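A deposited model with theophylline.
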There are 2 protein chains.
Amino acid sequence: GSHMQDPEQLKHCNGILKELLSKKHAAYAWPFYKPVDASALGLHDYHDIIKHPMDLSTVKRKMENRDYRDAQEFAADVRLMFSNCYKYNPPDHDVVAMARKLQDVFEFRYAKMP
Amino acid sequence: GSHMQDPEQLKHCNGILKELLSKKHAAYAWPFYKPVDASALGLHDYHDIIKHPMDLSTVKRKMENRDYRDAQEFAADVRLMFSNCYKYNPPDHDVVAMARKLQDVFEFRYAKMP
Ligand SMILES: Cn1c(=O)c2[nH]cnc2n(C)c1=O
Ligand SMILES: Cn1c(=O)c2[nH]cnc2n(C)c1=O
Ligand SMILES: Cn1c(=O)c2[nH]cnc2n(C)c1=O
Ligand SMILES: Cn1c(=O)c2[nH]cnc2n(C)c1=O
């Protein structure tokens, strides 16, 4: 059920999303900008292992289209994106190191929800 | 709607929970074992800042009582527990360092969901 706080909480989510896409974090956010192109990257098992792909451009489209009804729905998609990275790649992969840094940005600001 | 995979996914969640409570992680998991006793700790603003407290003993009770209907519901509570820590405490607090380590244990194993 919609709560009167949902629009303002979704604005905070949109602010987080803008930050995740901003130049400040680009050195470690770039793998998450667009859907994994598994074939182009030679990751021919990606879609067998990752049944629910997610990336920031998809989160952005869903925000713009008002798909997310509350902050929790938005956060679940962002976390799914990171979990897919942790599931698919070995834990010492540089993309995992980047995911952990970007997820720290996300989690600490999401925790500051007004 | 319940899916036939939900019992086995909740068993994986229960395994994660058991690991989070195990001696292997006790050096950094202990702050999360029981509800924050705000008055006893002198944290007299805790319940003004944290509107939804969560801790591992509460997650355990909810698992034992079949409160969680799927893995996503379980994960949201575990993540709420960590987010409360990130919200309430300064980011250099030792309890935050412990939360980040325990959350890494959680996220990497949750990502290995069968
Ligand atoms: C360093 N780096 C890369 O190595 C890379 N590869 C693809 N986009 C990239 N971007 C945006 C980037 O900043
Ligand atoms: C998200 N992601 C991955 O998980 C990954 N694994 C290997 N290359 C990868 N690339 C380029 C990527 O963007
Ligand atoms: C080190 N340490 C502590 O400092 C502590 N304080 C309360 N429980 C505690 N436990 C279980 C612990 O291991
Ligand atoms: C979870 N948590 C906290 O967030 C915290 N902040 C200060 N002491 C704290 N303690 C003992 C604690 O258990």
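In what follows, chains carry the letters A, B, and so on, assigned in the order in which the sequence lines appear, proteins first and then strands, with residues in each chain numbered from 1. Ligands are counted one by one from 1 in listed order, and the atoms in each one are counted from 1 as well. Basis for what follows: all heavy atoms, side chains included, without hydrogens, waters or symmetry-related copies.
Ranked by contacts, the chain bound most extensively to theophylline (ligand 4) is, in UniProt, Bromodomain-containing protein 2. Other chains making heavy-atom contacts shorter than 4.0 Å with theophylline (ligand 4): B. Lab note: binding site of theophylline (ligand 4), heavy atoms under 4.0 Å, is B:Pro31, B:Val36, B:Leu41, B:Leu43, B:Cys85, B:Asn89, B:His93, B:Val95.
In terms of protein heavy-atom proximity, atom 9 (C) of theophylline (ligand 4) is nearest to B:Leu43 CD1, 4.2 Å. For atom 6 (N) of theophylline (ligand 4), the closest non-hydrogen atom on the protein side is B:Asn89 OD1, 2.7 Å.
Between B:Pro31 and theophylline (ligand 4), an N or O atom pair is found at a separation short of 3.5 Å. Any N or O atom pair closer than 3.5 Å counts here, and B:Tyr88 shares no such pair with theophylline (ligand 4). Near B:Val36, the atoms of theophylline (ligand 4) lying under 4.0 angstrom from a non-hydrogen atom of the residue are 1 (C), 2 (N). For chain B, the PDB entry reports the organism Homo sapiens.
Most residues of chain B touching theophylline (ligand 4) map to the UniProt domain Bromo 2. Atom 10 (N) of theophylline (ligand 4) has B:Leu41 CD1, 4.0 Å as its closest protein atom, hydrogens excluded (heavy atom only).
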